[PDB]
Undergrad: 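Looking at a complex of saquinavir and Protease here.
Chain letters run A, B, ... following the sequence lines, proteins first and then strands; every chain starts at 1. Order of listing sets the numbers, starting from 1, for every ligand and every atom in it. Side chains are part of it too, since the values below use all heavy atoms of this structure and drop only hydrogens, waters and symmetry mates. Looking at the header, which is where the method is noted, we find X-ray crystallography, 1.9 Å.
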Protein chains: 2
Amino acid sequence: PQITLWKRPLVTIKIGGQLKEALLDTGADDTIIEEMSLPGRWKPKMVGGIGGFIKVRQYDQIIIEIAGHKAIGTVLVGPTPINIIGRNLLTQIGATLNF
Amino acid sequence: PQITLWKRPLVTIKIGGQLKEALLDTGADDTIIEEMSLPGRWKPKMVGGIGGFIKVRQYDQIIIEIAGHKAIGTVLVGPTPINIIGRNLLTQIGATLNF
Ligand SMILES: CC(C)(C)NC(=O)[C@@H]1C[C@@H]2CCCC[C@@H]2CN1C[C@@H](O)[C@H](Cc1ccccc1)NC(=O)[C@H](CC(N)=O)NC(=O)c1ccc2ccccc2n1
Ligand SMILES: CC(C)(C)NC(=O)[C@@H]1C[C@@H]2CCCC[C@@H]2CN1C[C@@H](O)[C@H](Cc1ccccc1)NC(=O)[C@H](CC(N)=O)NC(=O)c1ccc2ccccc2n1
């Protein structure tokens, strides 16, 4: 699709076998999902946002299906206000900014 | 331009004689730039993101060139680690997210 930015670019994702929504975020280097369980071992990390750094669990090689397109990569879990899909996964769906 | 996301989508911006860089940020409602203090009246306000909230000064009707395109709108000024071009000015420059 071609998504205009009149409103927040939310799409349906599927992760851990569950449907959720998430924000497609060209400004985010990483993908971060609201607290949930995921398989495999995780490592503790910190990541910084506009208001300071948060603690998160980093999971590797996680499958997300983003608006019907498959992506696999690192997914952080931590206290985010909203699930965000950042550039590490947006590149695998060929997403681009056009103007 | 059709911009892929293998790296951060930074562009040159010009606000009032000052040449700066900023991140085209689909995941941001607002435009936030670390600046001296633009001309005109402002009002204080708190904006947030991952990690909590920062204090900004809100300026309306700011004229800023973004990647060679003219936009006029609200610009928030305060202590952001990275300057960001949010959706309120992305729509003015005709930016869309595509995949
Ligand atoms: C709406 C309300 C009754 C307050 N319920 C909740 O907020 C529950 C409470 C639960 C316990 C606390 C931890 C989170 C869970 C899940 N949340 C809902 C959570 O799963 C759901 C995710 C979502 C967002 C947008 C579109 C679809 C789905 N978020 C929400 O319902 C709330 C309300 C809203 N205005 O959208 N959204 C947000 O809180 C939120 C905050 C910042 C954002 C920035 C950009 C884009 C979206 C943003 N959404
Ligand atoms: C997600 C993460 C990997 C942590 N990356 C980032 O957070 C980087 C950090 C960078 C350096 C500091 C300044 C921002 C840049 C770009 N961001 C991405 C950037 O896209 C970030 C993603 C985001 C969206 C919604 C909620 C929280 C976080 N957006 C933002 O920080 C924008 C800023 C703004 N316009 O006010 N926030 C929001 O648009 C927004 C909207 C509603 C909200 C409700 C409750 C709490 C926070 C809310 N934030």
Undergrad: Any idea which other chains have a non-hydrogen atom closer than 4.0 Å to saquinavir (ligand 1)?
TA: A
Undergrad: Using heavy-atom distances, let me know which of A:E34, A:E21, A:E35 sits nearest atom 22 (C) of saquinavir (ligand 1).
TA: A:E34
Undergrad: Considering only protein heavy atoms, which is closest to atom 46 (C) of saquinavir (ligand 1), and at what distance to one decimal place?
TA: A:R8 CD, 3.3 Å
Undergrad: How far is atom 38 (C) of saquinavir (ligand 1) from its nearest protein heavy atom, and which residue and atom is that?
TA: A:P81 O, 3.7 Å
Undergrad: Find all atoms of saquinavir (ligand 1) within a distance of less than 4.0 Å from any non-hydrogen atom belonging to A:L10, and give their numbers and elements.
TA: 25 (C), 26 (C)
Undergrad: What does the deposited model list as the covalent connection for saquinavir (ligand 1): residue and atom, or none?
TA: none
Undergrad: Nearest protein heavy-atom contact for atom 23 (C) of saquinavir (ligand 1): which residue, which atom, what distance?
TA: A:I82 CD1, 4.2 Å
Undergrad: Define the binding site of saquinavir (ligand 1) with a non-hydrogen cut-off of 4.0 Å.
TA: A:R8, A:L10, A:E21, A:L23, A:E34, A:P81, A:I82
Undergrad: Measure and list all N/O to N/O distances between saquinavir (ligand 1) and the protein that fall under 3.5 angstrom.
TA:
{"residue": "saquinavir (ligand 1)", "atom": "20 (O)", "partner": "A:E34", "partner atom": "OE2", "Å": "3.0"}

